[PDB]
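Each sequence line gets a chain letter, starting at A and going down the list. Using the numbering of the PDB entry, the residues shown for chain A are 1-137, 144-225, in order. Chain B residue numbers are taken from the PDB entry; in order, the displayed residues are 1-215. For chain C, we keep the numbers from the PDB entry: what you see runs 334-529, in order. Because only heavy atoms are used, hydrogens play no part in the values below, and waters and symmetry mates are left out as well, while side chains stay in.
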Amino acid sequence: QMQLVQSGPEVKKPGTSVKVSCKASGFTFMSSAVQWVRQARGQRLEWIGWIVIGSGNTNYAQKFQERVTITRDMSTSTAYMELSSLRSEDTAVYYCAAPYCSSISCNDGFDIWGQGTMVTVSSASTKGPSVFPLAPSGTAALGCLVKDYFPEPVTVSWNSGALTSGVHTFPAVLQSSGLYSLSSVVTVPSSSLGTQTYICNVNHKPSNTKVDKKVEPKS
Amino acid sequence: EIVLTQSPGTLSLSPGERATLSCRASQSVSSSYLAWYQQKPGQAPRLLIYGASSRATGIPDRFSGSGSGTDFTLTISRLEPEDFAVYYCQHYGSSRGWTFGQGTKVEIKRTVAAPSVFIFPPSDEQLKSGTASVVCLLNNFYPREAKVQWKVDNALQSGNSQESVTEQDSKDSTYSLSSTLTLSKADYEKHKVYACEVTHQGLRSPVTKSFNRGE
Amino acid sequence: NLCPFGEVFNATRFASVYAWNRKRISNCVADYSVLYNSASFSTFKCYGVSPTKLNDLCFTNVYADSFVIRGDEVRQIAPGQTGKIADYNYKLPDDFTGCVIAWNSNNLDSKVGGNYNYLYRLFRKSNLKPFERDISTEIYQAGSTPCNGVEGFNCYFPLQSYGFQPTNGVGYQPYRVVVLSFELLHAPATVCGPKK
Ligand SMILES: *[C@@H]1O[C@H](CO)[C@@H](O)[C@H](O)[C@H]1NC(C)=O
């Protein structure tokens, strides 16, 4: 009980709109209120607006007054946030939040949070990555370059998960082409290079791409 | 328009130490509508304090809220390993204009550690398709601030490069950074020396890793 | 002496449902059958008494309650109903002995921009007792934090406006309501029909 469940992730093209749902259960939704907050990756929390469930009265941050709408459906105990004219800067995780309420009283803060909804605004199409070896020359470094995929995310493992220590898989960077690119590296003893196999396992679900790249030492 | 400024930007402490986070408002606001949130790297925000001083249900006793007017404080009496995260304050007074602070990161304090610098030439596989990505790795360094400078034929190369940093490691509390210089194959073959120049507090002198193309 | 129902029914302006008016009918007579068989009203349901028998009967007092609601809320003006109007604005008892009369008021209570002057109570700490009027405007305290007259989080103005516009549908159109209640006590009967 006591939760807000949000709709699934969204990939939207510029200029279009997206409508994110936020379904409440386990508390007296009719007495509560729902605020909507978003957050770009590695960035701050940004307040969008809120709605009073009982009245439907809304208040938006003036940054979004021109193209956001917050509504609610009493019958389904669901709150909605619709953002129009989507731009690249709208790519973020969107959260709804509400105070727990009983029959008698509401809590005095936003203590119930949704799981978040990823919204990606881009003109790119679904594309699997290219997987390129980062070849090693006491401790050697090697890795894999996972280049030009869309959308997020990709998973990288080394030797089907048997190699976990010393593995660094970096956050993806968005290139101007609209595609993502990341690298996964691992440090190993340089005596290992001649007698041990090093394979990176890249999976990109949206394109159903699964790759095993053997990274060998070059002379 | 009420603005919330959190300080410091980063808090570098050890488990068991006392943490004192600050949230300042551009005007006086009601204590009844100032809240503190915790956010672990992958999860959603979690309410810690409401009404400036009230613990939310289930929050450990070590979290404490105080302050009034324009100065608000979140205290963690003795930090546990799970407490190292990012903390936001929020003002939700009146009906409009609610704002968040920019957030304070509570990171694990550590000895200064120079980065291990590796450089990777573009693979033959990538070069076959017309693009050259040179990767320079900075491994296991602390603190997080670092400077990576690309040098191409002994000239400082600006543009065509992007950085990405891992999160603080659970075990050794270090960071790692990857810089990628991406050029077309035609431009890549117009130069010979490709170098990566790293500046960090753990290194007295900038460490350079380089290679000559195809050599 | 004829009972002055025209003052109630044909009043130029009507009260908001939260501030529902109540006019007393002391000593006079009237033909309820003329009001019953009138085509001006879309609803004319009586309770505890027959609408046709009212002409032969006499009561100590009669009350005329008038207000304005939306079309789909007229059903709440009945004994044993629930909803925003029945719970927070106008509540009829279970042993109601009277008649509920209502008609469409779109030609009057709807403006080109939208008449926002008719309101209803949205929030209340408890339900009204039958025949109870609440016209207070205290900020509704949804949580444990006092509002001190300020609206905001967990602090809501208790009244809400009807969006009465001409482009609305029959349900979302204003309907003027008149509720007559008949009481007989130890005092002599007073308000009468022509038969007695
Ligand atoms: C009210 O006005 C109507 C005409 O619209 C009229 O027929 C009627 O006699 C008036 N009085 C009452 C009590 O209905």
Colleague: What would the PDB call the drug seen at chains A and B?
Modeller: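 The drug there is AZD8895.
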Colleague: Name, as UniProt does, the macromolecule that AZD8895 (chains A and B) contacts most in this entry.
Modeller: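 The main partner is Spike protein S1.
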Colleague: So which part of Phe486(C) gets closer than 4.5 Å to some heavy atom of chain A (AZD8895), the side chain, the backbone, both or neither?
Modeller: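 For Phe486(C), backbone and side chain are both near chain A (AZD8895).
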Colleague: Hey, if I count heavy-atom pairs under 4.5 Å with chain C, which chain of AZD8895 (chains A and B) wins?
Modeller: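 On heavy-atom pairs, the top chain is chain A.
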Colleague: Which UniProt domain of chain C gets most of the contacts from AZD8895 (chains A and B)?
Modeller: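 The majority map to UniProt domain BetaCoV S1-CTD.
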Colleague: Please classify the contact between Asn59(A) and chain C as side chain, backbone, both or neither, with a heavy-atom cut-off of under 4.5 Å.
Modeller: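 It is neither, since no heavy atom gets under 4.5 Å.
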Colleague: Is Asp108(A) close to chain C through its backbone or its side chain, or both, or neither, when contacts mean heavy atoms under 4.5 Å?
Modeller: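 Looking at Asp108(A), backbone and side chain both touch chain C.
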Colleague: State which residues of chain C form the epitope of AZD8895 (chains A and B) at heavy-atom distances below 4.5 Å.
Modeller: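 Going by heavy atoms, the list is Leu455(C), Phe456(C), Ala475(C), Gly476(C), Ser477(C), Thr478(C), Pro479(C), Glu484(C), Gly485(C), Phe486(C), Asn487(C), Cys488(C), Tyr489(C), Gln493(C).
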Colleague: Find the residues of AZD8895 (chains A and B) within 4.5 Å of chain C, heavy atom to heavy atom.
Modeller: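 With heavy atoms under 4.5 Å, that gives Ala33(A), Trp50(A), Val52(A), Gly54(A), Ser55(A), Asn57(A), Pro99(A), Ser105(A), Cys106(A), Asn107(A), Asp108(A), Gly109(A), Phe110(A), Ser32(B), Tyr33(B), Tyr92(B), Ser94(B), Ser95(B), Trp98(B).
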Colleague: What label does the deposit attach to chain A?
Modeller: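 The name in the entry is heavy chain of human monoclonal antibody Fab AZD8895.
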Colleague: For chain B, what name does the entry give?
Modeller: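 The PDB entry says light chain of human monoclonal antibody Fab AZD8895.
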